> 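Please read through the structure below; I'll follow up with questions.
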Amino acid sequence: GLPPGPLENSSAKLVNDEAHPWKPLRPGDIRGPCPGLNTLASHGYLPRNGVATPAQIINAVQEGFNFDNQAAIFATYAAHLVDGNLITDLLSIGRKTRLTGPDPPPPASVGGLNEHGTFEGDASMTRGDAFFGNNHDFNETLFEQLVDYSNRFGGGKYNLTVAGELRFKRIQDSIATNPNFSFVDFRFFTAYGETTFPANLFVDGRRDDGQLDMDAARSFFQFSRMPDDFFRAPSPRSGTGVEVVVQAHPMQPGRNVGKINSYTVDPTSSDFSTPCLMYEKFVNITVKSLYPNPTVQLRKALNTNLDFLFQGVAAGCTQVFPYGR
Ligand code: HEM
Ligand SMILES: CC(C)NC[C@H](O)COc1cccc2ccccc12
Ligand SMILES: CC(C)NC[C@H](O)COc1cccc2ccccc12
Ligand SMILES: CC(C)NC[C@H](O)COc1cccc2ccccc12
Ligand SMILES: CC(C)NC[C@H](O)COc1cccc2ccccc12
Ligand SMILES: *[C@@H]1O[C@H](CO)[C@@H](O)[C@H](O)[C@H]1NC(C)=O
Ligand SMILES: *[C@@H]1O[C@H](CO)[C@@H](O)[C@H](O)[C@H]1NC(C)=O
Ligand SMILES: *[C@@H]1O[C@H](CO)[C@@H](O)[C@H](O)[C@H]1NC(C)=O
Ligand SMILES: *[C@@H]1O[C@H](CO)[C@@H](O)[C@H](O)[C@H]1NC(C)=O
Ligand SMILES: *[C@@H]1O[C@H](CO)[C@@H](O)[C@H](O)[C@H]1NC(C)=O
Ligand SMILES: [Cl-]
Ligand SMILES: [Mg+2]
């Protein structure tokens, strides 16, 4: 389907409403590394089994949380291209599942959002690095560290100052312990943006003060559950305030090189000075390497989804065409 447009009415409103109650997981229901999508599934803004189309995802993030359209489009089509089934138009928000349909050939994985190194990556706030065995479940120890950082830098609330400190702490901990730590290109970007989302989108929209309380934080991060009477944000947004997070502890993109404490800067990575390069590498390298020589129907699906992806790219970038036009 065509990507949905922006909300006709983007006011704050009750989103934990009669039509969208929280329900617990049934056997087979899939949740993954994204507390936003998890919460939308657990309130029925998405299918409750956690398998959805790109259009369903875009509508859900807008309706349920007031995620802005451009961000919704870029994130959703990026995820779908690398983790979803392009023929069936289905993406798992978590683990790989037969519910997304017949798989394409190797080397494409169609691994859902749980697939490490495509969208999901290291130094997540409340999820462990894939190297440590589980990149998707809520981790209590990591959440308690988020609480501790909120106590120390946020007066007990999570805000952009807390985000700046916690983002850096998680990077440093991965450098110290994960010999395979990777922090380049798309993950370098998303790792920063995601730390703003709890302050911008999990804060009740009647307040919109950037100060997330720990009861609400746990509700979203652990239980995929909106607080009782939760109002979404009062305008469309995504990653505003990311500048505060970066400014706290500016980092270069890089990786450990097969040992702990060996963080080595990658001069071929994009960074915040080269946003168009991030897009170009995502398409030319990441997507292309999953689908190096697609058959006719896959090529058509790839090109359609790549056109949609480009709608979410910041103005000023040039579209690239890995499979021609
Ligand atoms: C628009 C479609 C979206 C997709 C496909 C998506 C997918 C993902 C994925 C795969 C991750 C894993 C990144 C990591 O390794 O840490 C992630 C991180 C995250 N996403 Fe989303 N996301 C979307 C939008 C949203 C929205 C709307 C919210 C909030 C309303 C949100 C909140 C988060 C948070 C908080 C994290 C980091 C969680 C943590 O580090 O513990 N995302 N997202
Ligand atoms: C169904 C689900 C939302 N139940 C919520 C729990 O009964 C209450 O949750 C909680 C409430 C208060 C503190 C906590 C600390 C750790 C883990 C959970 C906590
Ligand atoms: C509302 C609009 C200005 N948002 C786009 C800006 O680049 C801010 O958002 C973002 C900034 C930086 C990284 C991110 C990663 C994923 C999603 C959004 C991100
Ligand atoms: C630090 C701040 C000023 N910059 C934020 C970044 O420029 C956000 O960039 C981006 C964030 C998310 C997706 C994208 C897709 C294409 C191009 C740029 C994207
Ligand atoms: C790897 C890359 C060069 N190939 C992508 C495209 O297959 C390039 O060739 C093609 C270009 C245009 C239309 C086509 C239709 C079916 C199969 C191939 C087509
Ligand atoms: C937009 O929605 C809000 C909240 O539901 C409502 O109060 C407002 O009147 C709506 N505006 C229009 C133009 O319908
Ligand atoms: C290790 O890093 C490589 C390349 O950076 C990646 O392909 C692989 O999935 C990573 N594995 C884990 C468990 O981190
Ligand atoms: C949670 O994260 C901690 C700290 O990184 C780690 O030691 C632990 O194994 C993780 N998993 C669980 C299930 O607690
Ligand atoms: C975070 O909270 C602390 C304590 O209230 C405050 O000093 C800091 O200015 C806050 N930061 C933001 C970005 O709101
Ligand atoms: C991506 O490929 C296009 C050709 O399709 C090329 O013009 C562009 O320079 C490439 N960009 C990168 C970063 O490789
Ligand atoms: Cl919007
Ligand atoms: Mg992760």
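Here, residue 1 is the first one in the sequence, and each next residue gets the next number. Recorded method is X-ray crystallography, 1.1 Å. Whatever order the structure lists ligands and atoms in, that order sets their numbers, starting from 1. The basis for the numbers below is simple: all heavy atoms, side chains too, and nothing from hydrogens, waters or symmetry mates.
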> What would the PDB call the drug seen at ligand 3?
S-propranolol
> Going by the PDB entry, what is the chain that binds S-propranolol (ligand 3) with the most atom pairs under 4.5 Å called?
Aromatic peroxygenase
> In this structure, does S-propranolol (ligand 3) have an atom that sits under 4.0 Å from one of the heavy atoms of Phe188?
no
> Write out the heme-binding residues UniProt gives for chain A that lie under 4.0 Å from S-propranolol (ligand 3) by heavy-atom distance.
none
> Which of the numbered atoms in S-propranolol (ligand 3) are under 4.0 angstrom from any heavy atom belonging to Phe189?
13 (C), 15 (C)
> Closer than 4.0 Å to some heavy atom of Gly239 - which atoms of S-propranolol (ligand 3) meet that?
8 (C), 9 (O), 10 (C)
> Heavy-atom pairs closer than 4.0 Å: do any link S-propranolol (ligand 3) to the side chain of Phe197, the backbone, both, or neither?
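Just the side chain.
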> Which other ligands and ions neighbour S-propranolol (ligand 3) at distances under 4.0 Å?
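Found: ligand 4 (S-propranolol).
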> I want to know if S-propranolol (ligand 3) touches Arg237 in the polar sense, i.e. an N/O pair below 3.5 angstrom.
no
> Looking at S-propranolol (ligand 3), would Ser238 count as a contact under a 4.0 Å heavy-atom criterion?
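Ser238: in contact with S-propranolol (ligand 3) (<4.0 Å).
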> Which species does the PDB give for chain A?
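Per the PDB, the source organism is Agrocybe aegerita.
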> Which residues does the binding site of S-propranolol (ligand 3) contain at 4.0 Å, with heavy atoms considered?
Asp68, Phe189, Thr190, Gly193, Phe197, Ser238, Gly239, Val242
